[PDB]
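Notes for the one structure printed next.
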Amino acid sequence: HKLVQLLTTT
Amino acid sequence: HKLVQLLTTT
Amino acid sequence: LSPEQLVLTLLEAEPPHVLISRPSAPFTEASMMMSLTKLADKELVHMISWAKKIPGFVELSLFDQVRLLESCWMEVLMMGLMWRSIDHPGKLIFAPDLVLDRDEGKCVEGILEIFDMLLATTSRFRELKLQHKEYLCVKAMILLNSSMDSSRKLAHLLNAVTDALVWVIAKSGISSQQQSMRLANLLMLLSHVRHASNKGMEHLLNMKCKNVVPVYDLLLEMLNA
Amino acid sequence: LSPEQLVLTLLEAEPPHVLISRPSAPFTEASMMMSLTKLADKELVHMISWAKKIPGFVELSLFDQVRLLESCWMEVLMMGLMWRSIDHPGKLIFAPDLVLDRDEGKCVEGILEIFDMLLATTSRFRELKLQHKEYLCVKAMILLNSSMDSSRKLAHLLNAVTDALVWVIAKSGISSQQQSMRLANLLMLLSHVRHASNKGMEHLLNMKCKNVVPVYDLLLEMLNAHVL
Ligand SMILES: C=Cc1cc(O)cc2nc(-c3ccc(O)c(F)c3)oc12
Ligand SMILES: C=Cc1cc(O)cc2nc(-c3ccc(O)c(F)c3)oc12
């Protein structure tokens, strides 16, 4: 779930 | 070959 | 050949609707796949005649003709299916007496999903209020653009149909900016038709391997390409 | 937000140049697939930051953001590949240190078929002399148009990017008819980028299932999410 964490962090 | 037949023999 | 003459030519070139009856009893996974494979086989024969009427198609090399058709046949079949279902939300008109409800796609493992994207795209087309003359151009463009000096002639043929599509859209009388916008919106949908087209072919290969339905002759040749 | 300003924001969202940090050397099937997968994984991380920089993208429901990226990623990678290869006929510039020849794709079963497709499409964009700004809009459209309250936002955003591509074409100063033909031609090529990406995914999945390639987490996820 790297996609979701990268979409919610900068 | 059916495809070829329809394209040239028909 | 002017854009109008090309459209009139494709209009006449339209294949006649294939008649296939809905099985008496409620569909079973097999009866449905049988209905679809049989309809496709009949439409495929008409599709070949339709292609040879697209100005210049017969002037390409036999190999380009075959490569073009093997590469897009299912997308052409579904574009036609979507046009036929344009005025029937939630309904898929595979043929006059073969009207499938989105629900019936339940008896065939993994087809419902495909019925959903088919109906979604159809709605996008309804929403854009696709016109018959636009539809004819787009469907021919699907065929001529599946390139997936005869190569030089293929391009010219594609531009001629594009030119006709542009001409038809101009006849709607909207601002030049909106003409460009509608052109883009119509073509951007080819990606979606294609998607449902790939899901459909992969799903057909799968049913054939699962021996859920027999697939031979023309249909099989096209399936394998 | 005018077309020119939206296009500039895309220019600004452009991901940085990626290198795999590999000393030049002959490619074997192992070194090639290991390089492609390693590069895809790195680019995926940059692709996510890219999408977030598209006006309105983060405004979308997290569900749409995820499904849009999961379905188009390879297509976006390949579009990038073609813009990088535009000025290098016969070559596929995956990265500065990963430049491949058509004959090098013969050491991996099934890839030569795909390189030929990529080389063809690239050759086509070259003939049309694709402009950088057109590339930017087209790439963004690929993401926003892979959608196979938040729904209208997507449509609005996608419409805005289409509006931007029309603008770019209008700035070229060619006749209106040639502007319509160019827009149609660019959009029709996407079907070809999409085809080569479908084949690239099939091939990649096949490779993962054989554990022939170390499929890094982000790439494994993107891959596993797509087929599913
Ligand atoms: C829906 C998925 C699907 C799945 C499958 O295994 C076989 C199919 N055949 C069609 C089809 C047949 C005739 C048409 O005119 C048409 F548009 C589609 O759709 C199919
Ligand atoms: C070519 C087929 C192909 C086949 C395969 O098994 C894995 C791949 N990965 C890529 C790829 C990686 C990074 C890029 O930037 C790009 F455009 C493509 O292409 C691949």
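Chain letters follow the order of the sequence lines: the first is A, the second B, and so on. Quick note: numbers on chain A are straight from the PDB entry, i.e. 604-613, in order. Numbers in chain B come straight from the PDB entry, and the residues shown are 604-613, in order. Numbers in chain C track the PDB entry; the residues on display, in order, are 263-410, 421-497. In order, the residues displayed for chain D correspond to 263-410, 421-500 in the PDB entry numbering, which applies throughout. When a ligand or atom number is given, it counts from 1 through the structure's own listing order. Heavy atoms only: backbone and side chains are in, while hydrogens, waters and symmetry mates are out.
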* Asked: What does the PDB entry call the chain with the greatest number of heavy-atom pairs under 4.5 Å to ligand 2?
  -> Estrogen receptor beta
* Asked: Which drug or drug candidate is found at ligand 2?
  -> ERB-041
* Other chains with a heavy atom closer than 4.0 Å to ERB-041 (ligand 2): which ones? -> D
* **Non-hydrogen contacts within 4.0 Å of ERB-041 (ligand 2)** => D/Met295, D/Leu298, D/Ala302, D/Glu305, D/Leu339, D/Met340, D/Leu343, D/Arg346, D/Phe356, D/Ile373, D/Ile376, D/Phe377, D/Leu380, D/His475, D/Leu476
* To do: Among all protein heavy atoms, pick the one closest to atom 3 (C) of ERB-041 (ligand 2) and tell me residue, atom and distance.
  => D/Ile373 CD1, 4.0 Å
* Measure the distance from atom 17 (F) of ERB-041 (ligand 2) to every protein heavy atom, then report the residue, atom name and distance (to 0.1 Å) of the closest one. => D/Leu339 O, 2.9 Å
* Protein contact to atom 15 (O) of ERB-041 (ligand 2) [nearest heavy atom, distance to 0.1 Å] -> D/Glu305 OE2, 2.4 Å
* Minimum-distance protein heavy atom relative to atom 20 (C) of ERB-041 (ligand 2) -> D/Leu298 CD1, 4.2 Å
* To do: Return the residue, atom name and 0.1 Å-rounded distance of the protein heavy atom closest to atom 5 (C) of ERB-041 (ligand 2).
  => D/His475 ND1, 3.6 Å
* Which of the UniProt domains in chain D holds the largest share of residues touching ERB-041 (ligand 2)? -> NR LBD
* At a 4.0 Å threshold, what atoms of ERB-041 (ligand 2) neighbour a non-hydrogen atom of D/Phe377? -> 1 (C)
* ERB-041 (ligand 2): other ligands or ions under 4.0 Å -> none
* Which of the ERB-041 (ligand 2) atoms, numbered from 1, are nearer than 4.0 Å to a heavy atom of D/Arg346 -> 15 (O)
* **Atoms in ERB-041 (ligand 2) with a heavy atom of D/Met340 nearer than 4.0 Å** => 17 (F)
* D/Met295: numbered ERB-041 (ligand 2) atoms lying under 4.0 Å from its heavy atoms -> 5 (C), 6 (O)
* To do: May I ask you to identify the nearest protein heavy atom to atom 18 (C) of ERB-041 (ligand 2), giving residue, atom name and distance to one decimal place in Å?
  => D/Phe356 CE2, 3.8 Å
